[PDB]
Student: 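Here is a structure with pregnanolone.
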Amino acid sequence: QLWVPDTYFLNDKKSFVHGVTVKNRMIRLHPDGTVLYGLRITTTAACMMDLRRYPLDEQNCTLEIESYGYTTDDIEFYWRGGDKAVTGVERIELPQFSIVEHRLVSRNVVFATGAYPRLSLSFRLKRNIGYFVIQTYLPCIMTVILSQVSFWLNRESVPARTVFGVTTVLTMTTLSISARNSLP
Amino acid sequence: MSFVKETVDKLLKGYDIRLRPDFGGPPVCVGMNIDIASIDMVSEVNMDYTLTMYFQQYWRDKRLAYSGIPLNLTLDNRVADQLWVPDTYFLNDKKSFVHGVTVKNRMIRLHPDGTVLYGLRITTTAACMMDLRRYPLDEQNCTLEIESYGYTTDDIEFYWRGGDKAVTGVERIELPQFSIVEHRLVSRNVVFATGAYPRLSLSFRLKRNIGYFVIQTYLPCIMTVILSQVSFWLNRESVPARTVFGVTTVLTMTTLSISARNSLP
Amino acid sequence: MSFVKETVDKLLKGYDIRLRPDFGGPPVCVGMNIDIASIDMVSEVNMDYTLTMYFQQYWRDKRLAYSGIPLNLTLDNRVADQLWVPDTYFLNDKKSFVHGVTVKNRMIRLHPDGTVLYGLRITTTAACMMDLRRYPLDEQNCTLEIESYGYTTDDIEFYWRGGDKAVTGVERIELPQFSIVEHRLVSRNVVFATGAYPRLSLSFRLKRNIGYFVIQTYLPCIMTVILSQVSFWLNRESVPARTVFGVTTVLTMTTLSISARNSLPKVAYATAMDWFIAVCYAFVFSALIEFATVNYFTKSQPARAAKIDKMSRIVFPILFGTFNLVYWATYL
Amino acid sequence: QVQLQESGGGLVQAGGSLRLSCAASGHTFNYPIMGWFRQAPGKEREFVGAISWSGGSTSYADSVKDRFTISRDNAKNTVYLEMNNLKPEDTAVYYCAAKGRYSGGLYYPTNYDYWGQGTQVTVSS
Amino acid sequence: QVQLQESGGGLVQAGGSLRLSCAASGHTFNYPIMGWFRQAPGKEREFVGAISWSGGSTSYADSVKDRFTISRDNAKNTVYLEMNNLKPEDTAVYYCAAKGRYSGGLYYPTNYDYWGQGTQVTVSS
Amino acid sequence: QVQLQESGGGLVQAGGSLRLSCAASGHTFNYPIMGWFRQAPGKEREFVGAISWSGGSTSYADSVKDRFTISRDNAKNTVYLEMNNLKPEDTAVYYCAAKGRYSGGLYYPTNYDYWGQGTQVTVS
Amino acid sequence: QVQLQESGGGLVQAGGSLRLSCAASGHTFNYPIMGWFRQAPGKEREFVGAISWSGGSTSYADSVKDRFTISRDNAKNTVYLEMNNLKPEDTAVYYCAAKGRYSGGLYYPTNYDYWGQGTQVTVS
Ligand SMILES: *[C@@H]1O[C@H](CO)[C@@H](O[C@@H]2O[C@H](CO)[C@@H](O[C@@H]3O[C@H](CO[C@H]4O[C@H](CO)[C@@H](O)[C@H](O[C@H]5O[C@H](CO)[C@@H](O)[C@H](O)[C@@H]5O[C@H]5O[C@H](CO)[C@@H](O)[C@H](O)[C@@H]5O)[C@@H]4O)[C@@H](O)[C@H](O[C@H]4O[C@H](CO)[C@@H](O)[C@H](O)[C@@H]4O)[C@@H]3O)[C@H](O)[C@H]2NC(C)=O)[C@H](O)[C@H]1NC(C)=O
Ligand SMILES: *[C@@H]1O[C@H](CO)[C@@H](O[C@@H]2O[C@H](CO)[C@@H](O[C@@H]3O[C@H](CO[C@H]4O[C@H](CO)[C@@H](O)[C@H](O[C@H]5O[C@H](CO)[C@@H](O)[C@H](O)[C@@H]5O[C@H]5O[C@H](CO)[C@@H](O)[C@H](O)[C@@H]5O)[C@@H]4O)[C@@H](O)[C@H](O[C@H]4O[C@H](CO)[C@@H](O)[C@H](O)[C@@H]4O)[C@@H]3O)[C@H](O)[C@H]2NC(C)=O)[C@H](O)[C@H]1NC(C)=O
Ligand SMILES: *[C@@H]1O[C@H](CO)[C@@H](O[C@@H]2O[C@H](CO)[C@@H](O[C@@H]3O[C@H](CO[C@H]4O[C@H](CO)[C@@H](O)[C@H](O[C@H]5O[C@H](CO)[C@@H](O)[C@H](O)[C@@H]5O[C@H]5O[C@H](CO)[C@@H](O)[C@H](O)[C@@H]5O)[C@@H]4O)[C@@H](O)[C@H](O[C@H]4O[C@H](CO)[C@@H](O)[C@H](O)[C@@H]4O)[C@@H]3O)[C@H](O)[C@H]2NC(C)=O)[C@H](O)[C@H]1NC(C)=O
Ligand SMILES: *[C@@H]1O[C@H](CO)[C@@H](O[C@@H]2O[C@H](CO)[C@@H](O[C@@H]3O[C@H](CO[C@H]4O[C@H](CO)[C@@H](O)[C@H](O[C@H]5O[C@H](CO)[C@@H](O)[C@H](O)[C@@H]5O[C@H]5O[C@H](CO)[C@@H](O)[C@H](O)[C@@H]5O)[C@@H]4O)[C@@H](O)[C@H](O[C@H]4O[C@H](CO)[C@@H](O)[C@H](O)[C@@H]4O)[C@@H]3O)[C@H](O)[C@H]2NC(C)=O)[C@H](O)[C@H]1NC(C)=O
Ligand SMILES: CC(=O)[C@H]1CC[C@H]2[C@@H]3CC[C@@H]4C[C@H](O)CC[C@]4(C)[C@H]3CC[C@]12C
Ligand SMILES: *[C@@H]1O[C@H](CO)[C@@H](O)[C@H](O)[C@H]1NC(C)=O
Ligand SMILES: *[C@@H]1O[C@H](CO)[C@@H](O)[C@H](O)[C@H]1NC(C)=O
């Protein structure tokens, strides 16, 4: 029964506002007429990835905040507290990544329907290599070393040295395939 | 029945759901009481667990006091929508819901005192960060953090109704891979930028059983090592035979290390 | 129609959905009646089963009595929202819903008596803890526990309307892997801290068919054992040949024990299948150790080595055969 | 379509036993449930019992309950009806019927799409 | 069904110790939770404690708390009750009970489906 | 439980540098976030900065910003605080604290469950 | 950041052809869309056309449509602008711009974060 800004997340795929036990939204009013409108939200947002340097890569995932209908003539956005407007980057715990830095930005973007306000939250995710040295690099490195054992057998052991050759060649393709299966 | 209906209408007449009990005055003591039905799942890959429980809340709203009647009034679940209820949420939940079949699973029991008993049947999947360093001889500490969303300690206070006896059903939990060694209840006040809020923490300690892994990892590994050592009991002239033993055992060891790592985060 | 509309309005006028029938007085007898449509799924991994049913409830609300009309009134489903209905839920459900297409699948039929018939079409996925010790020659007991959420025995009572004939459709159930050997209805009162509540328990006993597993586990295992025993019929001098038979059969046995264990939950006990595969592992590893030994004595004790082969060709299949006869009999 | 044919009906003395058979052919899979009905000369068609496609689950009438057993053998596309401790009340023409997968209640004859020319069972006291 | 049998009850002197055993047979899986109740001659049935199917989680009465321990060994289908620093207040017939998976609260005797003929424990001061 | 022990505090001259260390033992995983607080003789407890379990993300007070850096080495269960271009305003007892995974805001001392007996830093 | 540099601008006679190039360096992935703008001496900035990161999809202004083609070669981090059947109306300083992934409409110059010092094209 109040007016709230029509704020949405430009690059979200699926988001919701938590409902248990009650809808997770807070209103705090002040005699001034100032409103504090809190929401607990989970978004899954798009993060296009440059996997060229994978798995020694890092990515820039963002959350673009904008108003849907109201232009800059009707709404303006600002990060309340500037650089201190976002908290909890320190709480983030990911098995495969770590947040090296974050950035807040304020812009006005221009569509055909008019100019709208935008705020961009950004993270930089540095990938840890631990998972891949175990599941890709060591298997590859040891499959190479295994192939080189055939050099220490006399040339007359034809069948033995073909086993070393064939098996190591086939187990290398299956690594290149299985490693490529966990990616886009 | 008509008299009771009239009294209920009088209680509702002028009741503002927007205002808590003692709106300007002292905080509302809310008593929490949990009966665990089951833990349905524990995902190491998503680092969460799925819990099912009866979540009961007790508070006093003087606006719901009735002198005439001598018994406690159980009303239809739909009364919740026209009463004030605490804005209690689960801090570390990923996805939760309140069961709806056949009717929304919520109970209201009133007392002439003005005391309210608000029961909900909830299933939460809550985050449980896991320290897999000692896996699979590890154990984990999964929690359910209960807090109010908007109301600070100036407006709401929490307490485990019955202290250590406030949670039931830990004994009912049946997990294929784990077992609940102990549980703990805690009461705290946490400080955010928006103010200080009340929190209650339910905790479990999950000890992993090794049975699954001795069958699917350890025996294969142990027997693949023993298999490699058979080549020692062949004369050195059997070059091709002893390379088969070497190569196959080496390759089947990498595929175990990969396939074992595939069921984890 | 206008007269009927007026009577319905009069019935609604002053009706409080918050109050049950005989609010202060005796409890409301509610009759349950189930017609099972199907069991769509049974997950051993999640230890649940998905059921689809017509859930009918019968009670008497005197506030819905009408004298003038001589016939039972079927009203549109939307009347439920303006009547009192029992707060009946399924204790052991994980996720349930009431079908919505084309309209919400709920039926109200009224009688001049004041008796209400409230039908719902529901699909539940309910928990079914499984004892996989005797798997896949096991059987399970899956239940559907029906109880009232808020109202105690002082306010609600349950009974199976028609006793043993209260549930229908067990005969309709068609599962690829199971078959319903029997079912049972029970009525109890359970005691919580908040009071004593009424409960009704529907039970099934699911006997698993072995067809799927003889094709995907037992024959592969049995034939991988027989394959290992071919190496006994090669001269001991064919060292590389007999190591291929040994290694391949040993490795294809671990991958069966792993792949068979992948379709089950991560239970900490050993299944009747796990023992069968374990024993098969013994016969295949022994077939290799035998060859390894025979090769180790092929010059030391060539007489003995040749005798071991000739005995193994008969001991192994006989023992494996008699083991099967004992195994199947123990679990049948 | 489906074709049902019965056999095993004859004269039996009271307290005796008898086994009726019903062999099915054609689209037996589209009509999984099988039912047994009996028709006395004077009375109306009575439900005896019915059996599932899996053969596990059954259902019997109260009168017939505990004295009759219905079994299945999908290997031979045949359902059997063993009637033990027979009474003169059981005297009737016993019919064999097949019901569609979604045909409603077992008790009602209307729902069954295919029937077989019944076999006579007579019980002398 | 389930059958429960107890043992280990006898005469003990105050401050002493004693171990009660309860061996179970039959469908032990359908009744996973086990409970201990005691009945003094004059008093009503008292809840002592209870244990889970996994054996990890337990629950004890306040009076009995810190002086008794309940343990499980599913290998032998047996639950144990070790009672240390015994008081004359503990004198009673100790019963062993099994509860259904969905039977409601542990504290209430009504919910338990199967019991065992109790064993006497007497504590002389 | 967790036990925190500090070291590296001492006398330093203005514009100087110093490295404080904080070694942790016990259930370090249940209290992932680490914080630094300082207590001057007259003033109230001040927030210095804090670091994540991964060690990547940090947060510093404005006064201390650009002159101090917090680092982690989970190999040794130790967090470090390097203080460069030290001022006499920095003189205080520097404390090391550990925060629960779900404990609310970093700035507030109440939330931290475990602390270590602080080390003195004096700047002349 | 991104750095854009152009080349290929010069004097051409009417009806002639010319190929402009724009070489990019730095975080080219964070600014996938590339645009071409031209600035006549008197007139305001005009949109010429733009191209996608994949290089498949393009968009051109009506005036420039059917006489110009924009192409990409991510192998060399370069976008090309081939201008055929040139008119004296086309005379201007041609600029090369890069736009953020979520920067709104192509037509508007405001949205583009990085530009390159333009190259002159004159048509007699
Ligand atoms: C997929 O699988 C499903 C089932 O698994 C198949 O469904 C079946 O499809 C067939 C057609 O292919 C359906 O049959 C036809 O049924 C209609 C229904 O008619 C009703 O209304 C009329 C008019 O009021 C009544 O006369 C009918 O009552 C008679 O039939 C019902 C049984 O259908 C019976 O219970 C009654 O006692 C009465 O008996 C008559 O039928 C029996 C059957 O044994 C016979 O012995 C007796 O002498 C009577 O004739 C009924 O209430 C009907 O109109 C159709 O009639 C047409 O065909 C017949 C010949 O077959 C002609 O004689 C007639 O003139 C018509 O041309 C059919 O009987 C069947 O119901 C249906 N079953 C279900 C359960 O849905 C699908 O076809 C399959 N699809 C594919 C692609 O494989
Ligand atoms: C799947 O697995 C579940 C379990 O996990 C099985 O469920 C069980 O199913 C059986 C039936 O097969 C149920 O038993 C029957 O229960 C009814 C209802 O009992 C309640 O209501 C009646 C009133 O209607 C009360 O009288 C009962 O109170 C007695 O029993 C309770 C405990 O049940 C006890 O605490 C009370 O003191 C009281 O005592 C008497 O019983 C005890 C034994 O329990 C006895 O020692 C004493 O001397 C007294 O007689 C109770 O509140 C009950 O009416 C039935 O009785 C009838 O059968 C028995 C024989 O079995 C006859 O002796 C008796 O005279 C009656 O004819 C049954 O006991 C059981 O409750 C149920 N359990 C749960 C938790 O749901 C499924 O069957 C399994 N399904 C499959 C397919 O395997
Ligand atoms: C899973 O993992 C989680 C963490 O990830 C564990 O959670 C922790 O669980 C423990 C219990 O096992 C909790 O400890 C208890 O906390 C309560 C509440 O504390 C608050 O309220 C009280 C008011 O009653 C305040 O006094 C407290 O403030 C004091 O303590 C805080 C720290 O808790 C401290 O920072 C303050 O300065 C203040 O000081 C006192 O404590 C310090 C030591 O910290 C001491 O040096 C000083 O002299 C003061 O005594 C706070 O706001 C508290 O009441 C309990 O106290 C009782 O038990 C302790 C023993 O543990 C006794 O010493 C004491 O006398 C009391 O009898 C406990 O401290 C902890 O808060 C909680 N943390 C979080 C973030 O969840 C789970 O336990 C784990 N579960 C499993 C199964 O593994
Ligand atoms: C992840 O990836 C995303 C994108 O994929 C990155 O996002 C970018 O982040 C940078 C900062 O890191 C942003 O730049 C800063 O932009 C802000 C906001 O700019 C707008 O508002 C201000 C006022 O608040 C206006 O002054 C701006 O107007 C200028 O810029 C526009 C657009 O370029 C232009 O049309 C105007 O003519 C005007 O031009 C000026 O800048 C250009 C830049 O090349 C320059 O050539 C020209 O001479 C003018 O100076 C605009 O409307 C702005 O306030 C910031 O300025 C401050 O820093 C700069 C230096 O960087 C100082 O020069 C200046 O004095 C200020 O101190 C920045 O320019 C960028 O917009 C943003 N882009 C998008 C699409 O989001 C993330 O950073 C990445 N994150 C991680 C962690 O990897
Ligand atoms: C003495 C003999 O006939 C040798 C030939 C093969 C050998 C076995 C090979 C596999 C195992 C290797 C391990 O190093 C020791 C035990 C095992 C089981 C060996 C024991 C001794 C054996 C049986
Ligand atoms: C109503 O609830 C109270 C708890 O506050 C309880 O003491 C009382 O006995 C209950 N009344 C009835 C009618 O049982
Ligand atoms: C109304 O339903 C009852 C059964 O509930 C039935 O016996 C009765 O005949 C019905 N009324 C009419 C008029 O058919």
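Here is the naming used below: chain letters follow the sequence lines, and residue numbers restart at 1 for every chain. All ligand and atom numbering here is 1-based and tracks the order in the structure. These numbers come from the heavy atoms of this one structure, side chains and all, not from hydrogens, waters or symmetry mates. Portion of entry displayed, and contacts counted within that portion, nowhere else.
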Student: So, about pregnanolone - where is that in the structure, copies and all?
Tutor: ligand 5
Student: What other chains contribute a heavy atom less than 4.0 Å from an atom of pregnanolone (ligand 5)?
Tutor: B, C
Student: Could you help me out with the residues around pregnanolone (ligand 5)? Anything with a heavy atom closer than 4.0 Å counts.
Tutor: B:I226, B:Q229, B:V230, B:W233, C:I289, C:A292, C:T293
